[PDB]
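The structure appears below as structure tokens.
Below, read A as the first sequence line, B as the second, and so on, with proteins coming before strands; counting in each chain starts at 1. Read the numbers this way: they start at 1 and go in the same order the structure lists the ligands and their atoms. Quick note: numbers below take in every heavy atom, side chains included, and nothing from hydrogens, waters or symmetry partners. Be aware that this covers only part of the deposited structure, with contacts counted strictly within it.
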Amino acid sequence: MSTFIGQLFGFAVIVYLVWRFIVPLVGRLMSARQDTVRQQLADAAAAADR
Amino acid sequence: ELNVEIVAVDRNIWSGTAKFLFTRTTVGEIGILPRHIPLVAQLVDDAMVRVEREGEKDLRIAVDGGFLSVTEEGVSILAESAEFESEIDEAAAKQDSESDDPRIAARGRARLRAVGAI
Amino acid sequence: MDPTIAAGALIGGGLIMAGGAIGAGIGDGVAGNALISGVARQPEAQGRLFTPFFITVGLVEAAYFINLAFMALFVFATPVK
Amino acid sequence: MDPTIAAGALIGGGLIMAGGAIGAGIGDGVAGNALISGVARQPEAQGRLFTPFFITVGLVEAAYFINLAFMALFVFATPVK
Amino acid sequence: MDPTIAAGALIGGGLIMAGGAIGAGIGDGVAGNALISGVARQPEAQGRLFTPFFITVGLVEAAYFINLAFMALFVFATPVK
Amino acid sequence: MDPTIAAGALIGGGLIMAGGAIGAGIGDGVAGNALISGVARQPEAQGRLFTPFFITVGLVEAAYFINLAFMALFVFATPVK
Amino acid sequence: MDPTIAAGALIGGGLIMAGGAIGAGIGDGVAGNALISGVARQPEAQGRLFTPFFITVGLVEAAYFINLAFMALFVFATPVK
Amino acid sequence: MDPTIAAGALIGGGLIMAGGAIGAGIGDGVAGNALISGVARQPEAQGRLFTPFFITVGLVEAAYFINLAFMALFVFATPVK
Amino acid sequence: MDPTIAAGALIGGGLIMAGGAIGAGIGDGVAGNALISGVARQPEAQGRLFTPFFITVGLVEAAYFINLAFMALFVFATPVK
Amino acid sequence: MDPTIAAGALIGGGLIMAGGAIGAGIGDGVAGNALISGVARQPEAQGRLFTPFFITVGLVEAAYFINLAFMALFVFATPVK
Amino acid sequence: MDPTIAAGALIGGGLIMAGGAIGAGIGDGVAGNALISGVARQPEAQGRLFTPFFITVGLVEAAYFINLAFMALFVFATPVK
Amino acid sequence: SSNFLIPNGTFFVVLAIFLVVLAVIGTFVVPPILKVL
Amino acid sequence: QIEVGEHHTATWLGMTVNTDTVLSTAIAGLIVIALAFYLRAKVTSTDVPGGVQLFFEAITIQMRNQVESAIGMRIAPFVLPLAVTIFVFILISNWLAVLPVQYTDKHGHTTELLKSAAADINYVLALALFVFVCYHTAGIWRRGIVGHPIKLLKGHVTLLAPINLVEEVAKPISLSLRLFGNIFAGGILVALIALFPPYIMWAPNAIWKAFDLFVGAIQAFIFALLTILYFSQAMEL
Ligand SMILES: COc1nc2ccc(Br)cc2cc1[C@@H](c1ccccc1)[C@@](O)(CCN(C)C)c1cccc2ccccc12
Ligand SMILES: COc1nc2ccc(Br)cc2cc1[C@@H](c1ccccc1)[C@@](O)(CCN(C)C)c1cccc2ccccc12
Ligand SMILES: COc1nc2ccc(Br)cc2cc1[C@@H](c1ccccc1)[C@@](O)(CCN(C)C)c1cccc2ccccc12
Ligand SMILES: COc1nc2ccc(Br)cc2cc1[C@@H](c1ccccc1)[C@@](O)(CCN(C)C)c1cccc2ccccc12
Ligand SMILES: COc1nc2ccc(Br)cc2cc1[C@@H](c1ccccc1)[C@@](O)(CCN(C)C)c1cccc2ccccc12
Ligand SMILES: COc1nc2ccc(Br)cc2cc1[C@@H](c1ccccc1)[C@@](O)(CCN(C)C)c1cccc2ccccc12
Ligand SMILES: COc1nc2ccc(Br)cc2cc1[C@@H](c1ccccc1)[C@@](O)(CCN(C)C)c1cccc2ccccc12
């Protein structure tokens, strides 16, 4: 039952690598898209009341 | 950054500083960044030059009869005619694209690329 | 008597598959080089470039599978029993 | 009888993997050459170019991985015995 | 006496088909690269670009088929008594 | 018994590593050719050019890695009794 | 005794035909690439482009044929009686 | 026992070194082709074209070195004894 | 004792002719590619492009012929009497 | 004992020299292609072009020489006897 | 047991000359491609394009000759007996 | 050691499962997303 | 040492069905269904969308651009759900293989509680043959029961009619073995990497896992792109 521990260390380093490199950029991307559509709805309401 | 000089047969259309100039030569689309090998090319009939600056928003100029020249100095675009994005009325730019005269249809298509359509 | 023939059939099928792989991989790579370049220069051409592409590929892959078939003939239905 | 058949299976599988690796590596190199050249020409065409690039990569590595499957068949579940 | 000759025949047919497949695949890839590039740069050329393209292919495929022919002769009508 | 299988395993592992080295070396060479030509054309796109490059090379190296693995399987953990 | 010479003759003829096929296929592909691209650039030049092409092909195929010739000499009239 | 294993090890090491040298030679050739072209077009760019070049070469030689290692492992420390 | 050396000479001659055919075919294809492209770009240059061409070919074919020579020396005048 | 190892060492040295010659010949060909093209483009860059060239060649030739070295080690100082 | 060494020497010499022919043929082809293209682009450069060419070829042929030399040492003065 | 390139009855089970998911998405994801766009 | 894909199995209807590759494809199906329902309860065209909605939006826009460029969303509104479900299904099924589920042995060697589903010929054959029948029947409905076979046999060059036939036989085979062989490869690697000792087993395992994530994403994308292309080739004219 020692391959379990080795694979678990492998899984730990791979999840550390993803949480370090990948999740920041994808978070930034989805946040940029979120704020873009937010601004779109906001100026839609603005043009309506205008 | 690179120095853009778009000049026409009788006037200087635009001149300034940019970080990316996208256009389309007769061999395909091209994008010039600050440092770029010297190049001479001919733009397509219905050519649109999109200029990108740091703080501003993309200029978008319909060019008719253009020639692109990249050097150490920067980008220089010769034109017979040019029309900025916020000077085109899409109605005449659309019903001219349907014309049977080749160069006037090309001019209409360039203006249509510049307004946003097609 | 038969084990030598089995080894020969396995090595021959391996050679057939290796040749097919080299040919198909490199030919598809060259054709796709042409396609990617054509689509990078002119995007709207993508569609009208799939017609030559999938002709060329259609030939290239053909070779591979033809060889694949013959590899099976060597390994499963050995032409000498 | 079995040792020579096993040697033949190992050599045939080695040939299959060698041919597949050559074809896949060189074909992927040529396809990526087209991709890098097209992005160098216009640095804002990546997303547009990832469709033909991955079609070509799909075909190339299709050849590679079919060879990989048949090599595994040779060396793990040897057809002749 | 026959086991060795049959093993040699299978290996020779495998070599024949491997070479034929490499040549055919890569030659079709190169010819089709030319075809796709010509259709990309000069679209209207499409039709006329099919008169050289097939000539080339007609040569390339020729080689493959001939190899195929002899591969058959090697494994089905082995030339050694 | 075992000596025949050991010779076959060493020859198959040699074939696997030879194919893998040829594929990886020439594929990395072609992709790096693209990289050097692109950095010569547009020196300010070098960063933008490492996203295609390291994809291409990545895929290429994937193949190499698999070959390496299987070579070990042939040489250290021979898949035949 | 003759079985071993016959196995050698068949493997040698397979090698000769494989090499001839690789050479012919890839050389015809490259020459035809030049031909198709030249016909695409200058559409009217096809007639003037067949005298260099058929020279190139003329040499390439020549090699193939010679190999074919000698392959026969190996499998039908084995140079070692 | 030992003689045929050592012969297989020598043939496998030869295959490993052959593949490694083919891959390294042709990969270095292609990368250096790109470098010489980029310096012939822009001499002052020789300084900035050595960083992609030496990346490419760095990968290419890596394959070579790895193969070298395994060659030793086959001829000096034969893994099956 | 003669059958072993005879089979070895047949396989070696096959290898020599195969290598010569691959080399000559692909080299003549590349040189002819250059020739067809030069003629297609400016046709009046034809007569002046045959002195480089036939130099290049003159070298390539030389290799082929020399190989052919030694192939004969392997099968007809086997250096091990 | 001795004869099988001697034959294996001879075949392995042959493979090493064949791989070295293929790699070196084609790599020198590609590097010299770049050199000739650059001298034709800019005739007064000859000297400036010989520093990248002789780097590339210096790598390519290195591989050849190293292979040469081991070829000797295979046929003159056979590792396993 | 001497015939085994003779057959190994013949196969090794065949491998050496085959690799040498492949390398020399394709290297001369690529270098001559560059030479023909440079002469076609501007003919007045011919006299100045033969210093690079004969350097390139001067290396390529070198490899061939070296292989040729060693092939003799394998078939006429076998290094191990 | 068995030939693993020979299909089992599993071929159907997996099919069914896919033939369920294709429905769910085909009904509950693509129409709403297309409507939102 | 390493042993290849034996399967825990049982007979369900006189047909030997594998326990694994039915458990794993079921987990993949339930995960895709859970994501689908979570989107059904949180899809907002009024205010800013969450994460799952953005994910499915990206997938749907990409596949719809593909269908529009290839054949046209006016002629083929079903290719879009087909492509989306193929992508998401294969992607989830291949990404489930990243989990630390290897657990050495009860006795002897490596073992996993979940084999990846695409490492089985039944899974990939089901997907490929479903796509095959679907795009062939779409070609029939678009062109006729008598026009679609003759169009498959004609192709773009009628004289190449045999080669074209080979193409039609090679489309499913390829689609199914590019993915089998690929994911199958992964399996073997994590099994042979488990022959290393523990202190030097984490590094190759992490490298292979980190690149197999990208490989699984690319394989799902290739399957979906090629499905769309095959639909556009079978429904042309
Ligand atoms: C383009 O097709 C050709 N052109 C030729 C040109 C010249 C000569 Br002389 C022979 C040619 C032969 C053919 C084919 C053919 C068609 C019909 C019968 C026999 C041969 C072919 O050889 C193509 C192989 N290629 C694609 C690798 C083939 C061989 C074997 C099995 C095939 C199965 C299906 C389709 C084609 C099959
Ligand atoms: C272009 O064709 C040639 N050009 C040559 C040029 C120089 C020399 Br010296 C020999 C040449 C020989 C030929 C053919 C030929 C024509 C007639 C008789 C004998 C040989 C050929 O060898 C070409 C094979 N190619 C195409 C792969 C051939 C051989 C065998 C079967 C063939 C079947 C079909 C077609 C060609 C067939
Ligand atoms: C151009 O032809 C050459 N150029 C050379 C250049 C340098 C040297 Br040093 C040797 C050269 C030799 C030859 C030919 C030749 C002609 C006659 C006798 C001997 C050699 C050749 O070897 C060409 C083989 N090629 C085409 C693959 C050949 C051999 C055998 C049969 C042939 C049949 C037909 C035509 C050529 C035939
Ligand atoms: C670029 O490096 C990679 N990229 C990959 C991409 C995908 C996959 Br899935 C596997 C990849 C694996 C690697 C390396 C690696 C690094 C660490 C451990 C294992 C493997 C590599 O395999 C590269 C070999 N190439 C360059 C010929 C390697 C193997 C063996 C010895 C090496 C010695 C030195 C350097 C690299 C060495
Ligand atoms: C250009 O020729 C060379 N350049 C070299 C450059 C460097 C070195 Br270090 C050795 C070189 C050797 C030679 C030739 C040569 C000329 C004379 C004697 C010995 C060697 C050659 O090896 C060329 C082989 N090529 C063409 C495949 C050759 C060998 C054998 C028979 C030949 C027959 C005819 C012509 C050339 C013949
Ligand atoms: C550029 O050189 C390298 N770059 C690498 C890059 C990555 C890796 Br991971 C390994 C690399 C290894 C090397 C060399 C090296 C230097 C020192 C010790 C060991 C290896 C080399 O392997 C180059 C082989 N090439 C040229 C075919 C070499 C081997 C054997 C003998 C040599 C003699 C002279 C020169 C280089 C020699
Ligand atoms: C360009 O020359 C080199 N550059 C190198 C660069 C790096 C390294 Br680390 C080794 C290098 C070695 C050499 C030569 C050399 C010169 C002297 C002694 C040993 C080796 C060479 O190996 C070139 C082989 N090429 C051309 C295929 C050679 C070998 C054998 C016989 C030759 C006969 C004539 C000419 C060169 C001969």
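- According to the PDB, the drug located at ligand 4 is bedaquiline.
- Of the chains near bedaquiline (ligand 4), the one making the most contacts is recorded in the PDB entry as ATP synthase subunit c.
- Chains touching bedaquiline (ligand 4) with a heavy atom below 4.0 Å, listed by letter, come to F, H, M.
- Atoms of bedaquiline (ligand 4) found under 4.0 Å from any heavy atom of H:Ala63, numbered from 1 in the order shown, are 27 (C).
- Within the 4.0 Å cut-off (strictly below), no protein heavy atom is located near atom 13 (C) of bedaquiline (ligand 4).
- Close N/O approach between M:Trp208 and bedaquiline (ligand 4) is not found [any backbone or side-chain N/O within under 3.5 Å].
- Not a single protein heavy atom sits closer than 4.0 Å to atom 2 (O) of bedaquiline (ligand 4).
- Taking a distance limit of 4.0 Å, we find that atom 36 (C) of bedaquiline (ligand 4) is approached by no protein heavy atom.
- Counting only heavy atoms, the protein gets under 4.0 Å from atom 24 (C) of bedaquiline (ligand 4).
- Within a 4.0 Å radius of atom 17 (C) of bedaquiline (ligand 4), the protein has at least one heavy atom.
- Name recorded for chain M in the entry: ATP synthase subunit a.
- Of all the heavy atoms of H:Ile66, the ones lying under 4.0 Å from any atom of bedaquiline (ligand 4) belong exclusively to the side chain.
- Looking only at heavy atoms of the protein, atom 19 (C) of bedaquiline (ligand 4) is closest to F:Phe65 CE1, 3.8 Å.
- Counting heavy atoms under 4.0 Å from bedaquiline (ligand 4), residue M:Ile207 touches it through the side chain alone.
- Neighbouring residues of bedaquiline (ligand 4) under 4.0 Å (non-hydrogen atoms) are F:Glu61, F:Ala62, F:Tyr64, F:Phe65, F:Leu68, H:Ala62, H:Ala63, H:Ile66, M:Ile207, M:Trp208, M:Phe211.
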